[PDB]
2 protein chains.
Amino acid sequence: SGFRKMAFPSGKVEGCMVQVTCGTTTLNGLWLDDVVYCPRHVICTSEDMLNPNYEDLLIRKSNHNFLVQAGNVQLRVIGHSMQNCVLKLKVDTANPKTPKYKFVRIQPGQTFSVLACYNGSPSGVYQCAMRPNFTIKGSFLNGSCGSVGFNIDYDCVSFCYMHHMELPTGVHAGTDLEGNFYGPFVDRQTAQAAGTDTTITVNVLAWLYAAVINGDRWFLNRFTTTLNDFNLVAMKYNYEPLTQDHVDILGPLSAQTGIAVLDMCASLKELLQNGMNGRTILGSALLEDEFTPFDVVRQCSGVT
Amino acid sequence: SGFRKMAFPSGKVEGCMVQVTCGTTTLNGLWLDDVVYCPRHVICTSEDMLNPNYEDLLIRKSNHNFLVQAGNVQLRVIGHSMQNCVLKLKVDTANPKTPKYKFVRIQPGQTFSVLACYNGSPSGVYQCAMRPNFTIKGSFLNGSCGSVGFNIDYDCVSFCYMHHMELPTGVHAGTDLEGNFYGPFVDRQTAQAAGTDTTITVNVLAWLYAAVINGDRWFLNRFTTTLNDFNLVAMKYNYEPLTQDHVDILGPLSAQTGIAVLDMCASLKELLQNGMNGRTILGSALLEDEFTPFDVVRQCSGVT
Ligand SMILES: Nc1ccc(S(=O)(=O)Nc2ccccn2)cc1
Ligand SMILES: Nc1ccc(S(=O)(=O)Nc2ccccn2)cc1
């Protein structure tokens, strides 16, 4: 019993973190096989970041200008290429600690673990969600760029995020491991405003199921609703519209608890209209939306 | 910028987890040098747990009755001893992945990371606090016993917790790595009620400083207070009394922000008396108490 915001064990990713320095800029890289992946803005001065031409800046860089350090050992750079917003540095040594891995581009509302790093050294691990506006709400100081987000399926690490930017509003933007930004963001120090940070409805419903499984039941009510009726309420409260795909995904949690998905929607509708009245659910005074239905099943079933 | 509930990177502890089986009971053990540490209730049937005589049960066990598996390799048990509520199994092989480590007994209000494990396999990592009633609020299913709590100082793991029990109220109890329970709890399936779960005042104050550093400032007010006046309010709201030792510990955060500790106490006093009025601080609708002053400094300074 109990339900916690839980990250994946980080060891498999710790084994992949290195320091990348280009001139006076240091950040983190990800070493998988004989390639190190890092943000292309490693090549920028803070002055360059205001208006960078990355192809033109990169022409002034050679393999020997990229200093890659794995613990206290230097790696030899034998090639470099830019793919979208990431640099790929080819090194002469395969990472001996390379785990089984994939690169995946996640959808908004999907959760992942971040291993925050500075100078190639892990400092902490926490759980994030890709927000519906394609920002994340992380914890990143200067030097954290190139820290990665990931999920683990048994022994296979799926890398989904690399940290690139902090927006003027103090939320975070980055890329998949192909170097494509999530959302409309660019690796330039310019005005970039975020869209509406809507609540991830299917994740709130998952977390209410987690609450029932763990004995927090006060919010269960005598009502039901329809997807259309629920969605009028979601729209009013800046919640993502609920689709039949989301209802299907919540099927296992419905079956386990015996609470029909549309009944839990009616409980959520009442919570939106009435508030928490100073009560808590799983130690929260607000409706938590950074657990996916898969997260709730995993944590409630003890998957390793 | 941003502030997250952050766990320590778990790799150094993942390298220490093993499976311990005695008869039909399987749980987790911690392998450090040539010793495996696990809960002594590994020797109990569920029937035994109602009223166990551990010395008498242990007489019926030999070294060969303790099956220790490290990944898919069996370790040879060459001795066993009971120390308080933990078994120490001496094996013939030192763990090659043994990190620098210490055993520490933490004080209530101190935070630590838990690596939740099943069958010796890590499933997740999250951040806990030793509550003032000597419970923790974890996420532990059947098979999680012997999962450990720890802090890391650079390269040295300080182990502070091993999981033993779930109370009938669904909160958690365990031991330090000398096998001494935190609080009054025992490794028996009997009525054990928890005392008041008071709020860890010094940690709330730390988190309000974290909020100011990260730009959440709406709760700062025009008032100050005294320790005695603040403490009358703390008592009313089931908060731990604030001591001059706590004021001293918050000194660096006071200095960084320029907000005198007693001024932040007066902001906290108003929040207790007035509530949040539907507002949030660092994405929370309640006052968070599972960050220590050291946690806030570490996360805000990027210590690796
Ligand atoms: N929000 C935002 C998005 C893209 C860019 S740009 O660096 O592509 N530069 C551009 C884009 C359009 C017009 C002029 N410069 C800058 C800001
Ligand atoms: N809450 C609590 C604490 C200790 C015990 S005991 O297993 O030590 N057994 C005892 C203790 C006192 C009287 C009888 N049995 C049981 C319950």
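The sequence lines are taken in order and lettered A, B, and onward as chains. Heads up, chain A uses the PDB entry numbers, so what you see runs 1-304. Residue numbering for chain B follows the PDB entry, covering 1-304 in order. Counting starts at 1 for both ligands and their atoms, following the listed order. Side chains are part of it too, since the values below use all heavy atoms of this structure and drop only hydrogens, waters and symmetry mates. So how was this one determined? The header says X-ray crystallography, 1.4 Å.
- Sitting at ligand 1 is the drug sulfapyridine.
- Going by UniProt, the chain with the most contacts to sulfapyridine (ligand 1) here is 3C-like proteinase nsp5.
- The letters of other chains with a heavy atom under 4.0 Å from sulfapyridine (ligand 1) are A.
- Counting protein heavy atoms under 4.0 angstrom from atom 8 (O) of sulfapyridine (ligand 1) gives zero.
- Less than 4.0 angstrom separates atom 16 (C) of sulfapyridine (ligand 1) from at least one non-hydrogen atom of the protein.
- Closest heavy-atom approach to atom 5 (C) of sulfapyridine (ligand 1) among the candidates A/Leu167, A/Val186, A/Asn53: A/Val186.
- Remark: atom 11 (C) of sulfapyridine (ligand 1) lies closer than 4.0 Å to no protein heavy atom.
- Numbered from 1 in the order shown, with element, the atoms of sulfapyridine (ligand 1) that lie under 4.0 Å from a heavy atom of A/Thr190 read 16 (C), 17 (C).
- Residues of chain A near sulfapyridine (ligand 1) cluster mainly in the UniProt domain Peptidase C30.
- Between A/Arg188 and sulfapyridine (ligand 1), a contact under 3.5 Å exists for at least one N or O pair.
- A/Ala191 counts as a contact of sulfapyridine (ligand 1), since one of its heavy atoms falls under 4.0 Å from the ligand.
- The contact residues of sulfapyridine (ligand 1), taking heavy atoms under 4.0 Å, are given as A/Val186, A/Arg188, A/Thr190, A/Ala191, A/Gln192.
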